[PDB]
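Check out this one - gramicidin stuck to mini-gramicidin A.
The chains carry the letters A, B, and so on, in the order of their sequence lines. Chain A uses the PDB entry numbers throughout; the residues present, in order, are 5-15. By the PDB entry numbering, chain B shows 1-15, in order. When reading the values below, keep in mind they use all heavy atoms of this one structure, side chains included, and skip hydrogens, waters and symmetry mates. Simply put: modified residue means parent letter or X, and its extra atoms are ignored for contacts.
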Amino acid sequence: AXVXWXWXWXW
Amino acid sequence: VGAXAXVXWXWXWXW
């Protein structure tokens, strides 16, 4: 939740 | 799995 995998940015 | 909340960076299980 934020930047990375899952949600927000990234994947 | 990331920066923010959960695992990785910021809050939850990591930095």
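All instances of gramicidin are found at chain B. The source organism field of the entry for chain A says Brevibacillus brevis.
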